[PDB]
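The structure described below contains acyclovir triphosphate.
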Amino acid sequence: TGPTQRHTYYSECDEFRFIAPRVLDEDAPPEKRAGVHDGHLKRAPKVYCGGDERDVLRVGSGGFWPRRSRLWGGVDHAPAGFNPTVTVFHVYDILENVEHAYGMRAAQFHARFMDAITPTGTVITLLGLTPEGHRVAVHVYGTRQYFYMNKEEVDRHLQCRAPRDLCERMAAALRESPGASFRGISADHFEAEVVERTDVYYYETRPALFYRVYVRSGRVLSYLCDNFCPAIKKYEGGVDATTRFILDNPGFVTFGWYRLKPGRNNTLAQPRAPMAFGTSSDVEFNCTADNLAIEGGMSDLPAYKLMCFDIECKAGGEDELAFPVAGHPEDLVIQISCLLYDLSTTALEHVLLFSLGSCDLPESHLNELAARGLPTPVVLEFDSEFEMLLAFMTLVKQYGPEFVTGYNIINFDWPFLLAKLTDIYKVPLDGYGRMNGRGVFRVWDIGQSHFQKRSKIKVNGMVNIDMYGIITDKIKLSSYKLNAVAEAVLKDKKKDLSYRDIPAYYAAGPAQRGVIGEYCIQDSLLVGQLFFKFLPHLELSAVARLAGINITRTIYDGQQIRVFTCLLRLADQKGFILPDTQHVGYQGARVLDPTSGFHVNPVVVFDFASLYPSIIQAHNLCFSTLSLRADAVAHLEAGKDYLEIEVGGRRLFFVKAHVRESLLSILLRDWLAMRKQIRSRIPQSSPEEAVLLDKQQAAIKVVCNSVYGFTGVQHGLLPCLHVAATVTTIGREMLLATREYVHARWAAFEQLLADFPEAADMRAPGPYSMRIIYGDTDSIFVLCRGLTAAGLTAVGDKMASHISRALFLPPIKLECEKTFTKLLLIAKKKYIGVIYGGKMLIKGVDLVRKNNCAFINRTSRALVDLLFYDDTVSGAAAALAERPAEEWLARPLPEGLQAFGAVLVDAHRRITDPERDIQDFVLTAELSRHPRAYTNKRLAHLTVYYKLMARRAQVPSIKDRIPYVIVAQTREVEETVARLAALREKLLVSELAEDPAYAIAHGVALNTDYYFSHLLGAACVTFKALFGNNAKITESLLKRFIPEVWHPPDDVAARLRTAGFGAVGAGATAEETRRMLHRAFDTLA
Amino acid sequence: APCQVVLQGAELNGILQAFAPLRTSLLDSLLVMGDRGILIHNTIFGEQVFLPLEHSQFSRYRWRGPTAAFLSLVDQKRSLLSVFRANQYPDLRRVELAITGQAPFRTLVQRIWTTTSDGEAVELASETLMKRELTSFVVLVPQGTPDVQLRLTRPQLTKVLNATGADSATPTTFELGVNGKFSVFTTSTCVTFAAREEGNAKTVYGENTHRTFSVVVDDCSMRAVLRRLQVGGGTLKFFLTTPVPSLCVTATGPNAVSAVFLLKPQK
DNA sequence: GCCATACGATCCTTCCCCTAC
DNA sequence: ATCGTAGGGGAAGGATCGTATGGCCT
Ligand SMILES: Nc1nc2c(ncn2COCCOP(=O)(O)OP(=O)(O)OP(=O)(O)O)c(=O)[nH]1
Ligand SMILES: [Ca+2]
Ligand SMILES: [Ca+2]
Ligand SMILES: [Ca+2]
């Protein structure tokens, strides 16, 4: 008949651009060997596999890669009589597009599906899988966006009654728009009605009448909200049609199972004719919102497909050691590795290796793969790069991986492939997703614009999950390279291949290409192992289902959208409407004064559980429940019915729950259930799985606490700083009240014993001195000297319960978290301690920071373990506190501090020997902004960035960490610095950093003085609490330990020796030197 | 203390008198001690500054181990020799040096007394200093025959020091005389002395008759350092016998200081 | 005694990195 | 386009100050 929707993706090709290296044809003499072939070739693209030549666009019978697509270029490649039945299907993604009756007049759609979109319409497309395994795309009609406007304002400014006249005026305004695109729009496209609504802001607002406007398009609503009378307040003008469809029908979810049911008037979903298919699914349906129901029975994922992919490039122009550039035609993608998994059993299904040229994999790799039962790899050889890229795109379109993954694909792989496909070969990739055309296929980066903070990729019906982002926020490592993380979490030491030896391997022969392919397949296998070890899709799907947005928006949008979408449900349910509005803002928490020092007595820790959510729930803080002025709440009993607070010099009133319940209270109540469920499985059975449930519950805690951030965002969407400031003030008041209550109750001599008889057993010699020594927001450290640490856990729990019962109303609960045995307080948010069980906790100091090298960290860890574990040094450190630091500047140190000097001298000896490992002296600094957005421009890592850019190396992105090493200051180094400063326009500035690879290649000596000084500084700043928090005295005492007091002549010894100068000391250890002294003195005296 | 050293007021007066012109330089210097006394070594402007202190200059000097070297500064900007300068502490009573420990771990502890308004006890306890052994050290001291000597007086420095001080471009051409004088014709000043070496301001009253030293200096700098040490005058000792000739200017008086410089080794 | 000055430490701001809440 | 605020600590820069003496007193 004829396809109603044109298939933009390639299906028949005859002409293509031929670009390939010249070292592949027959290995020609050096004359015609360098360079890259270029020109226009007129033939059908083809693929080679095992000596078999096939056409890439030759769907049917024989094939090399697996295919899951039914149609191909208007041809039904399905068996005759294929009419599968669909009753239950799991939907994973939701689409949205625009359709017109004129375009769809060729199809055989029902009247009910044509009258609802006759001028224009929006159709919600749900993509999923049937239990059998058939891809299904169901279309839902009858959904229109709507927004609220003030009836009084439009009646006063425009003076137009008869709401149809409002639609006529809107259509007239659209018709006279400067752009010649709103043609044919009339009043029939708009539907204006009168509704009774109440504004969410403030408690004194009275319900009023609003014009609810339904618009039957997507860009029309945006244009009306943007240009049409911007002086009138608008409500919910930014909510998309997908959210409207989700929230209008109760119980609907964006990720889960759905069931097709008969409609209102016994109407059924219409299967779509195969010729009129708009997607690449096997079967499609047409229905409305009345035909769909939620099935609570099935709760397992269907047989989805995952594609872990990776690409490799090789510079083909001059200076082959330079990094490849996508814009350069000579640079090519030599190889692509693609591993296809099934997301129902976590089992390997297919392995593919696209290679440009012949590639014979080594037999060792094949034997290793066969030993583990993995499938035998399939290698496809291509004559040009365009053929390989077209084959990869065809595989993506045909197999249709529902989930796609890799490592650093958002920043390197996908942009490179897209640039090569679009800027060079001019290929339309709009229809290469799941839609047959006019889809979304794009990548956004951070760049200079501060609007975005994350790099995103949007593909319709394709969930891209880069593992770099997942690894970045699950483990803490100085370097996030593939080898480092592989050795860290997988404990698998894997070989690596840089980009400086790839050209030699490629020009050598097919065996080297096979070696490269082996390395790339190992890379893809490692990425898949990480993906299936962490399983991000389950967590992201759960968050998307709970929030009410797509999984893609859950991954890429942020945290404000989830809270806004989840609050919109309650806003619509309660009759409220959310208005549209689009330096430090307010005061935060309080940190107490730390009594820094080395405490040997037990230290217990008390902390509130879910501080901010509990405060919001208990005190009824919300947008609707707030009055900024008096006489508007002056009809209720004071105190009992409302709470008056003093925030920022202003009095605020929050009425109690029994009068007007908070909207945010139900938000937090719903969001905390997931965390409670997650934390209930950790202590059941988890030898090593609990490390992932901890991350999951931490993420849920972050998204729960994000409600306060959302309500405290300045210049955001739906902001109100009053609630956030009230929460902070309440938290500070609770902290101070807890401190005062603990000080004034159990601290005299016996009150703790009277309250708890169990204190009779645990009583060390000495009087009670129960006091608070440190506080942070809601954490309180209590130094319980004179009591044994074995009886301060149950007692601590009882005390926490008593305090929570006697001071704060529910759901605010304070619990005894930890119990230190030896504490070392340094400053605010910086302390190292030992738990009663035996574990050691480090917070704040450079040991747990990512900008310190391995040598200093190892030495500091050794010193900390020495101090906290050996009895002699601990006793000596305790005795150090008796005298002030000044006395220690002229008195010998206690005999205990002897192993400290041993560690110091060992570190000094190890740092001053030939052939030092450069990897132990590398530091890392994170680039967070664009280089042009730096005021200082002197940071010792922007220098490395510019040096890497100058030599055409791998320029780091705007969110990864640059490593560097501080080289020694030599005359050559100084001359190079001067030349660089002169061209790019005394003691040298500390911007001596250099790329570690460059230092390894050129063999540059490292600045030992800088590293030793930094080691001493870290050691003194960590242990300055032992000497009364004085940096100078501690530094002098630490430097006293070192034996680096060698005093040799500055290359003038030879001249004096030639003048007849006696030698004293040094190698002459015998007695004549004494006579030499006489021999000197008789010359002088 | 196996090597305790006690310096009382009787020798403290002499030490203070010796250090009175030495208001600088020796603050940043090395101190080598053995069984005979203390030698202070410094490298002022590439010039070897040496201060000897014999055992007879201390009341209770004592040593038991081998030679040792100590750096005056302790924890930076705190010199062990700060007691012997001008009138920093106008109540100096006694000086104690406490060497304790093993041969490679010997430590010097300095404690200072004070003549208060009604006492002469320790009192001062926060000014005690501790300095550990320098471990590996090599010290080169000028030794050899003094060759020809001479008793240069205070007024002579107005013409033997402030003559050229301008490197080899304007050198002093260190000589004595082709006929038996001590006239050092530098470039134009032509300072003239009569030598008259025994054993009149023209006569220099020399000793150890050589009267052949005529080798030019390596580079004429001098001046400042001798000005810096505030030396009134002293004896010039020559070391041309060695392959590298040297010149040593040693002051006159108790515990004199010596400035040592290297001449032209061409001969 | 003098007075002059070029050295030097010595704070004191401001900006940028990661951490603890 | 899209969570918030307190804290320490290293590094590069500008202004401040306590002395060390000499030129000059003489
Ligand atoms: N806006 C915002 N606020 C945060 C954030 N983190 C902490 N807070 C403030 O809560 C202080 C207590 O933090 P916890 O880590 O104890 O958390 P908790 O809720 O008290 O839970 P536990 O006490 O059980 O750890 C955050 O990421 N964003
Ligand atoms: Ca790669
Ligand atoms: Ca990679
Ligand atoms: Ca808490």
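Note on naming: letters A, B, ... go to the chains in the order of the sequence lines (proteins, then strands), and numbering restarts at 1 for each one. Structure method, as recorded: electron microscopy, 3.2 Å. Side chains included, hydrogens not; waters and symmetry mates left out as well; all remaining heavy atoms used. Note that ligands are numbered from 1 as they come in the structure, with each ligand's atoms numbered from 1 the same way.
One finds acyclovir triphosphate in this model at ligand 1.
Structurally, the greatest contact with acyclovir triphosphate is made by what the PDB entry calls DNA polymerase. Counting only heavy atoms under 4.0 Å, the other chains near acyclovir triphosphate are A, C, D. For DNA chain D, the deposit records the name DNA (27-MER). Distance cut-off 4.0 Å; other ligands and ions near acyclovir triphosphate: ligand 4 (calcium ion).
The entry names the source of chain A as Human herpesvirus 1 (strain 17).
For acyclovir triphosphate, the residues with heavy atoms nearer than 4.0 Å are A:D607, A:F608, A:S610, A:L611, A:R675, A:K701, A:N705, A:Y708, A:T777, A:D778, C:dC21, D:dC3, D:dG4.
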